[PDB]
Novice: 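There's a structure below that I have some questions on.
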Amino acid sequence: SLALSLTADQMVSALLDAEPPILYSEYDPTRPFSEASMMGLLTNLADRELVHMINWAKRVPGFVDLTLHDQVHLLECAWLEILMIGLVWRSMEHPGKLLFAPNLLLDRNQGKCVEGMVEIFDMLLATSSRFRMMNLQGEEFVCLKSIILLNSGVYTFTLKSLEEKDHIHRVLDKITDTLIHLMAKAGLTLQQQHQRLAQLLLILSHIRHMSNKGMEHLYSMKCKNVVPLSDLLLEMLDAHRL
Amino acid sequence: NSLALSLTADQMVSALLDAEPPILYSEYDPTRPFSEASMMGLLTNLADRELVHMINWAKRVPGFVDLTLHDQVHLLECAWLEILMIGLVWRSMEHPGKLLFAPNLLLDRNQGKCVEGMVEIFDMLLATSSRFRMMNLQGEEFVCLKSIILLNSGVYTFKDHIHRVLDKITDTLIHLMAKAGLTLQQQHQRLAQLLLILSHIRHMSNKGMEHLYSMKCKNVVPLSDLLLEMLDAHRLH
Amino acid sequence: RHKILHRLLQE
Amino acid sequence: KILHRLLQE
Ligand SMILES: C[C@]12CC[C@@H]3c4ccc(O)cc4CC[C@H]3[C@@H]1CC[C@@H]2O
Ligand SMILES: C[C@]12CC[C@@H]3c4ccc(O)cc4CC[C@H]3[C@@H]1CC[C@@H]2O
């Protein structure tokens with residue numbers, strides 16, 4: 001595995017290079033918002049982002065060493081967490097707003113347009129605030145996003161099919177090494193390094209919580225026929241079996 | 001100023017060990033097999049009794065009682081099922097393939113099938129138990145992780161005090177790993193491995209809360225007022 | 001609000 | 001599945 005032979009600097013470079021682009025929404029400022037149109041904009045955007053996410057995952061060191069079925073499982077588990085951490089990152093410099101796209105910046109009041117949404121917006125805004133407090137760095141963000149990809153589904157997959165999992169744990173260990181390397185280079189003390197590492201990883205619990213709530217929300221919008229969802233998005237939603 | 005921040009790592013470890021709740025028993029009726037109602041009955045009766053002890057335990061976690069009553073309530077409402085679950089997984093660690101709900105209530109996944117929608121949750125809990133066993137999780141590490149769940153799960157739905165206490169627990173976990181002879185690299189890797197499992201514990205709690213809500217709605221069995229209030233905090237309705 | 005949790009936390 | 005196919009494309 002080339003993945004396990006990367007230095008910390010090489011891991012950082014690989015992850016930075018693999019970053020997907022920031023997409024635009026179809027937002028038309030002339031069209032008055034409705035519940036349907038807002039869900040339309042957000043789900044249209046998510047659907048286009050999913051295609052780039054799939055191709056990003058292929059470039060995360062270690063990911064394509066996995067069987068296709070294992071790759072499918074990890075993305076099915078993690079896709080909404082990954083969309084969410086990206087959104088929070090884009091929003092870090094816009095206190096009180098969520099930057100879904102450069103032309104779609106929404107505040108909590110606008111979230112009320114959609115039933116049950118404002119509570120999810122509030123959670124996302126709090127995560128953005130936490131990122132700000134910690135002064136999260138870009139190099140740290142890309143490490144966390146790859147950890148989400150590799151970790152979120154790792155406990156829900158024969159003895160032979162058991163050490164597909166060991167490789168994943170080894171790559172996760174390399175990413176931990178990389179995070180610590182970044183912090184040491186930033187001048188943090190050993191104590192500060194382990195403290196910050198824990199602070200960053202604890203945010204992943206909150207991101208999991210938000211994804212679980214968001215998945216239930218999306219399922220509700222589907223059942224209510226609020227808007228049609230793309231085939232890909234329906235498939236990714238159906239994987240959670242709500 | 002909070003006394004918790006003045007504790008050494010050894011003092012923190014001893015305080016958390018001292019705070020540990022007892023291991024409770026289920027009913028002694030050996031009637032098998034279970035039904036959906038009888039199994040949900042035993043599990044919820046047990047959870048209700050454990051919750052009373054959990055509240056006592058939380059008051060003994062250094063730093064917790066320095067919070068306002070409102071903040072204490074919030075953290076427990078957010079974390080209670082994660083805390084029951086990590087306790088169950090710990091008790092079960094030495095019993096591969098089984099969940100030790102109580103010493104007289106040791107269930108396998110097949111018994112999970114007795115209840116609609118339950119075996120999926122049993123499978124997740126069993127996987128977590130296995131992961132802890134393979135990591136050789138130590139009791140001192142366990143009590144640290146359990147207190148981390150208490151302080152962390154609700155902290156972003158509210159501050160500095162909680163984060164300072166969380167930092168102290170991190171220092172304590174690292175102290176334990178150093179004391180066990182791990183290299184610096186092994187310490188940070190293991191710290192990461194343990195904290196990543198907390199993501200899975202959150203996931204299990206979210207699934208478990210939806211499951212309990214469905215049982216309440218089906219009127220499967222009678223749930224204690226306390227259990228109902230803790231469930232109602234999650235706003236599934 | 002009355003909550004059993006309040007009562008327990010105040011014991 | 002679409003995901004499976006895109007992971008192949
Ligand atoms: C899935 C939801 C629509 C699509 C949203 C989205 C869409 C694009 C994106 O980059 C991030 C997010 C995060 C929040 C998601 C929402 C949470 C609930 C809602 O149903
Ligand atoms: C909440 C449930 C009943 C109570 C269960 C329990 C009960 C006691 C305990 O120590 C741990 C757990 C964890 C799993 C819980 C179950 C998850 C689903 C079920 O509804």
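Every chain is numbered from 1, with letters handed out A, B, ... down the list of sequences. Note that these values count all heavy atoms, side chains included, but never hydrogens, waters or copies made by symmetry. Numbering of ligands and ligand atoms starts at 1, following listing order.
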Novice: At ligand 1, which drug is present?
Specialist: estradiol
Novice: Help me with this one: what macromolecule has the most contacts with estradiol (ligand 1), named as in UniProt?
Specialist: Estrogen receptor
Novice: If a contact means heavy atoms under 4.0 Å apart, which other chains contact estradiol (ligand 1)?
Specialist: A
Novice: Can you tell me which residues in chain A that UniProt annotates as binding 17beta-estradiol end up with a heavy atom closer than 4.0 Å to estradiol (ligand 1)?
Specialist: A/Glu49, A/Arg90, A/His217
Novice: Please check if a non-hydrogen protein atom sits closer than 4.0 Å to atom 19 (C) of estradiol (ligand 1).
Specialist: yes
Novice: Specify the residue and atom forming a covalent bond with estradiol (ligand 1) in the deposited structure.
Specialist: none
Novice: If hydrogens are left out, which of A/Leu104, A/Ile85, A/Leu233, A/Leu80 has an atom nearest to atom 15 (C) of estradiol (ligand 1), that is, the closest non-hydrogen atom?
Specialist: A/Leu80
Novice: Within estradiol (ligand 1), which atoms have a heavy atom of A/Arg90 less than 4.0 Å away?
Specialist: 10 (O)
Novice: Among A/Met215, A/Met210, A/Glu49, which residue places a heavy atom closest to atom 8 (C) of estradiol (ligand 1)?
Specialist: A/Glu49
Novice: Which estradiol (ligand 1) atoms are under 4.0 Å away from a heavy-atom of A/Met39?
Specialist: 20 (O)
Novice: Has A/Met38 got any heavy atom lying under 4.0 angstrom from an atom of estradiol (ligand 1)?
Specialist: no
Novice: Residue-wise, which UniProt domain of chain A is most involved in contacts with estradiol (ligand 1)?
Specialist: NR LBD
Novice: Please verify whether a non-hydrogen atom of A/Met221 lies at under 4.0 Å from estradiol (ligand 1).
Specialist: no
Novice: Going by the atom numbers of estradiol (ligand 1), which of them fall below 4.0 Å from some non-hydrogen atom of A/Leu83?
Specialist: 10 (O), 11 (C)
Novice: Should the proximity of A/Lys222 to estradiol (ligand 1), defined as any heavy atom under 4.0 Å, be assigned to the side chain, the backbone, both, or neither?
Specialist: neither
Novice: Which residue and non-hydrogen atom of the protein lie closest to atom 12 (C) of estradiol (ligand 1), and at what distance in Å?
Specialist: A/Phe100 CE2, 3.8 Å
Novice: Ignoring hydrogens, just give me the one of A/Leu42, A/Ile22, A/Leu99 whose non-hydrogen atom is nearest atom 4 (C) of estradiol (ligand 1).
Specialist: A/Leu42
Novice: What residues, by chain and number, sit within 4.0 Å of estradiol (ligand 1) when only non-hydrogen atoms are counted?
Specialist: A/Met39, A/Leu42, A/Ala46, A/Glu49, A/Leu83, A/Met84, A/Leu87, A/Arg90, A/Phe100, A/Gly214, A/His217, A/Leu218
Novice: Output, or 'none' if empty, a list of estradiol (ligand 1)-protein atom pairs in which both atoms are N or O and the distance is under 3.5 Å, rounded to 0.1 Å.
Specialist:
| from | atom 1 | to | atom 2 | distance (Å) |
| --- | --- | --- | --- | --- |
| estradiol (ligand 1) | 10 (O) | A/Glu49 | OE1 | 2.5 |
| estradiol (ligand 1) | 10 (O) | A/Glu49 | OE2 | 3.3 |
| estradiol (ligand 1) | 10 (O) | A/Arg90 | NH2 | 3.2 |
| estradiol (ligand 1) | 20 (O) | A/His217 | ND1 | 3.0 |

